[PDB]
Amino acid sequence: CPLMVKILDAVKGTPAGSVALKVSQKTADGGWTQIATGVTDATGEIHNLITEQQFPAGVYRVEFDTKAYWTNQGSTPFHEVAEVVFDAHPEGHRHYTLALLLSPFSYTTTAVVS
Amino acid sequence: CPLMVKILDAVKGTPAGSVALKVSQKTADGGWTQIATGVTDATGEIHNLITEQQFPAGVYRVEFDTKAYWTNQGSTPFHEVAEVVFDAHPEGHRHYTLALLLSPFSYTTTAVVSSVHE
Amino acid sequence: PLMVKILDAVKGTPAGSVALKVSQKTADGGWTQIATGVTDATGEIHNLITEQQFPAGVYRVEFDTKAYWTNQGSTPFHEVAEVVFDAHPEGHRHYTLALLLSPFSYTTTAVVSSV
Amino acid sequence: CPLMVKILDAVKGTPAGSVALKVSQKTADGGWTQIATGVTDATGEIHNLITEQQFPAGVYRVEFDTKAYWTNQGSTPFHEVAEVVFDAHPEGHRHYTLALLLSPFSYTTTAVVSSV
Ligand SMILES: N[C@@H](Cc1cc(I)c(Oc2cc(I)c(O)c(I)c2)c(I)c1)C(=O)O
Ligand SMILES: N[C@@H](Cc1cc(I)c(Oc2cc(I)c(O)c(I)c2)c(I)c1)C(=O)O
C-alpha cells in the first residue's frame, strides 16, 4: 500500500466515509491517465488503492469528490473537488499517505511520506 | 494596533462574527492577569483590543469562546475554548494578527507577524 | 470580485511573489485562461479580474506553490495548489481565496461576502 | 485506549517525534489535576497514555510542548505551547484521537471520535 489516504470530516469529527476519488498519472505528453478509482470506507481510507507495480516514479494527481460528500451530508460546499498533485519517488518501499481534512468551505491537504 | 484577530467560519465561508474573547498576560508569579475582553465584529475582527503601552514583551494568552459560537450556530463543537498562547516580541514595531479558522471539530491557529513577506 | 490572501505558515508572513493563473470552465468541460498574476509582498493580487470578467460558472485558480518553496530553499510536496469552485458573483458577492502554506501541507479556505 | 494523539510535522511531512505532552483534568473548583505525561514516538503517537478508568466524562487539557519541538528542529516557533481543551464524553465506548498538525507559525487541532 504505497499510496494511502485518510480523510477526516472537521464538522462531525469522524473520518469521511464514501468519498469518491481517482488517481491519475502524468503521461509523457503532459496529459493525465487514470490508474485507479475507489471510495473511502467508514474509516476514511481506501485499502489496496494501487500496487507498487502501478506506482513508479512520476507526477500523480489524486482527485477527491468533496462536493458530492457535502451535498450528501446536507451542506452547500465551496469547492467542486479537492485536488492533490505531487511528484512521487516510491522507489524504496516509500509509503505516501495523503491526509485530507474537510469542511464545507475549507480543506487541508497534508502529506506524510514514510 | 499591536494585536489583531481574524476569525473565519469554515462551515459558512464567512468571518466568525460575535466571537467572544479575552486576552491575559502571564504575571511574574506564573499566574494570569486579564487585560482586555472583546467580541468580533461581522468581519471577524476586533479593533483597538489593546494599546502599545499595554503590550510589552511577555507571554500572553488569547482565549476564544468557540464553544458558545458553535452552540449558537446550532452545531456540536469539540473544543471547550480555543487557546492561543505566545511570547510577544513587540520591539521594532512588530504587530500580531492571530488568524483563527473554525470548524466544530477543528480549529487552526496561525500568527502573522509582518504585513509583508521577506 | 476575486481576491487571494496567501500566508506562509513557516514564517508567519504573507507569501509574496507567488505565481497564479485563473481559468474558467468551458461548456465542453475544458478551461479558458482569464487572468494571471503574482502576489505582492502582502500575499495579495489587486485588480486580478473585473466584475464582467467574473460571471457565474466554475473557476480554477492554480498557485505555483512549488516555485515559492523552491525559492525559499525548501523542498515541497505539492507540484501546485489548485482551487476549483462554483462562483455565483450575482449582487455584491466577492470571493477571497485564503491559502495557508507549509512545505508538506496547505489549507484552502474561501470567504464569500453576501449582498 | 480512550485518548490517543497523532502529531504531524507539516514542514517535513513526517509525524512529529519526541513531542512532550501533559494531560490534565479540570477539577470541581475550576483548577487542574495532572493525570498523565508522555512523549510521542517516531509515529507521532503515545500508546497507553491513560486507562478508561482514568478517563471519565469531564473537561481535559492536553498541553503539547511544540515550542521545544521547533526549537530542537532549529526553527523559530510562534506558540509558547499548544493546548487542546475539551469536554470528554467517553460513554458508549467512544474514544478520542487528538490530531495535531504543526508548522512553526501555525497548528491545527482536530479531534476524531470513534466507537472503535
Ligand atoms: N494508526 C495510524 C496513526 C494515524 C492516525 C490518524 I487520525 C492519522 O490521521 C491524521 C489525519 C489528518 I486529515 C490529520 O490532519 C492528522 I494531524 C492525522 C494518521 I495520517 C495516522 C498509523 O498507522 O500511523
Ligand atoms: N485581503 C485583506 C487582508 C486579509 C484578508 C484575509 I480573509 C485575512 O485572513 C486570513 C484569515 C485566515 I483564518 C487564513 O487562514 C488566511 I490564509 C487569511 C488576512 I490575516 C488578511 C485586506 O488587506 O483587505
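In what follows, every chain begins at residue 1, and chains take the letters A, B, ... in the order their sequences are listed. The way this entry was determined, per its header, is X-ray crystallography, 1.9 Å. The basis for the numbers below is simple: all heavy atoms, side chains too, and nothing from hydrogens, waters or symmetry mates. Both ligands and their constituent atoms are indexed starting at 1 by order of listing.
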Give the name, from D-amphetamine, L-thyroxine, LY2811376, 6-mercaptopurine, O-diazoacetyl-L-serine, of the drug modelled at ligand 1. L-thyroxine
Under the nomenclature of the PDB entry, which macromolecule has the greatest contact count with L-thyroxine (ligand 1)? transthyretin
Can you point out the other chains with any heavy atom under 4.0 Å from L-thyroxine (ligand 1), by letter? A, D
Within 4.0 Å of L-thyroxine (ligand 1), heavy atoms only, which residues of other chains turn up? A:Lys6, A:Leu8, A:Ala99, A:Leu100, A:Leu101, D:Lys6, D:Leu8, D:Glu45, D:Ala99, D:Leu100, D:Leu101
For L-thyroxine (ligand 1), which atoms have a heavy atom of A:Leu8 less than 4.0 angstrom away? 11 (C), 12 (C), 13 (I)
When you measure from atom 23 (O) of L-thyroxine (ligand 1) to the protein, is at least one non-hydrogen atom found at a distance under 4.0 Å? no
What is the nearest protein non-hydrogen atom to atom 6 (C) of L-thyroxine (ligand 1), stated with its residue, atom name and distance? D:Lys6 CG, 3.8 Å
L-thyroxine (ligand 1): covalent bond residue and atom: none
Element-labelled atoms of L-thyroxine (ligand 1) that are located less than 4.0 Å from some non-hydrogen atom of D:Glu45: 1 (N), 2 (C), 3 (C), 4 (C), 22 (C), 24 (O)
Tell me which protein heavy atom sits closest to atom 20 (I) of L-thyroxine (ligand 1), plus the residue, atom name and distance to 0.1 Å. A:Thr97 CG2, 4.2 Å
Can you list the L-thyroxine (ligand 1) atoms lying under 4.0 Å from a non-hydrogen atom of A:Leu100? 13 (I)
Heavy atom of protein inside 4.0 Å of atom 15 (O) of L-thyroxine (ligand 1), strictly below: no
Per-atom contacts of L-thyroxine (ligand 1) with A:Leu101, taking only distances under 4.0 Å to non-hydrogen atoms: 13 (I)
L-thyroxine (ligand 1) atoms in contact with A:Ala99 (distance to a heavy atom under 4.0 Å): 12 (C), 13 (I)
